[PDB]
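Notes to accompany the following structure.
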2 protein chains.
Amino acid sequence: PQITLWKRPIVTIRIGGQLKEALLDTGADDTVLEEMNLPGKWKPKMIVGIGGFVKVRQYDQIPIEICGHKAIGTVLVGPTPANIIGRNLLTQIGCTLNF
Amino acid sequence: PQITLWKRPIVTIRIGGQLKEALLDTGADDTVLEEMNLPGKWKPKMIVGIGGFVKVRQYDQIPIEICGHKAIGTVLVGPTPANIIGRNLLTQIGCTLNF
Ligand SMILES: CC(C)CN(C[C@@H](O)[C@H](Cc1ccccc1)NC(=O)O[C@H]1CO[C@H]2OCC[C@H]21)S(=O)(=O)c1ccc(N)cc1
């Protein structure tokens, strides 16, 4: 699809058997989701945003479907005000900016 | 141009007679720049990011050139760890997501 930016680029994703909504966020290096349960090992990570540093849990090689496209990659989980799909997963579904 | 997302989508902008770099950020409603001087009236505004609420100054109808495209729009100024061009200005230069 071609998504214009008059509205937030929110799409439906499926992960760990749940349907959630998330932001396609080219300003994010990494995908970060609101608190949820994921299986397997995780390591503590820190990220920075507007507001400062935030502590998160990193899970790797997590299957996720994004607006109909299936992907596998790293997912961070923590106290984000928004589910965001960052560049690490946007590249997996062939997402680009165009103008 | 078509910009892939293996790297941060950083472009050169010109604003208040300065050249700066900024991130094309579909996950931002609003354009937010690191501390700088702009002419005219400004109102205090609050935004939220990953690390909480942040107080910023809002300036309206500011000319800005972004990767060669001229635009006019609202610019927020405050303690952001990055210059970010948000949807309010991405729409002005005809920027879309495609996958
Ligand atoms: C500031 C950027 C370098 C990075 N941010 C991504 C950014 O797109 C966030 C993404 C975002 C979105 C909503 C809430 C928090 C963070 N947007 C944001 O801070 O924008 C603010 C300015 O305009 C407003 O519109 C939306 C929030 C406001 S970030 O959320 O802090 C971030 C940092 C690292 C990762 N891996 C993921 C996300």
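The chains referred to below are lettered A, B, ... by the order of the sequence lines, with proteins before strands, and numbering in each begins at 1. Every number for a ligand or one of its atoms is a count from 1 in the order of the listing.
Of the listed darunavir, omadacycline, penfluridol, sarecycline, the one present at ligand 1 is darunavir.
In this complex, the main macromolecule engaging darunavir (ligand 1), as named in the PDB entry, is Protease.
Lab note: other chains with heavy atoms under 4.0 Å from darunavir (ligand 1) -> A, B.
In this structure, the binding site of darunavir (ligand 1) at 4.0 Å (heavy atoms) is formed by A:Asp25, A:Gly27, A:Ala28, A:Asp29, A:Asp30, A:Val32, A:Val48, A:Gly49, A:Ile50, A:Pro81, A:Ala82, A:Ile84, B:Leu23, B:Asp25, B:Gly27, B:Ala28, B:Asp29, B:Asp30, B:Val32, B:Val48, B:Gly49, B:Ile50.
Ligand-side atoms of darunavir (ligand 1) in range of B:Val32: 22 (C), range being under 4.0 angstrom from any heavy atom. Every atom of darunavir (ligand 1) with a heavy atom of A:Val48 under 4.0 Å away is listed here by number and element: 31 (O), 33 (C), 34 (C). Within the listing of darunavir (ligand 1), atoms 30 (O), 37 (C), 38 (C) sit less than 4.0 angstrom from a heavy atom of A:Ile84. In terms of polar-atom proximity, defined here as any N/O pair under 3.5 Å, B:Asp30 does make such a contact with darunavir (ligand 1).
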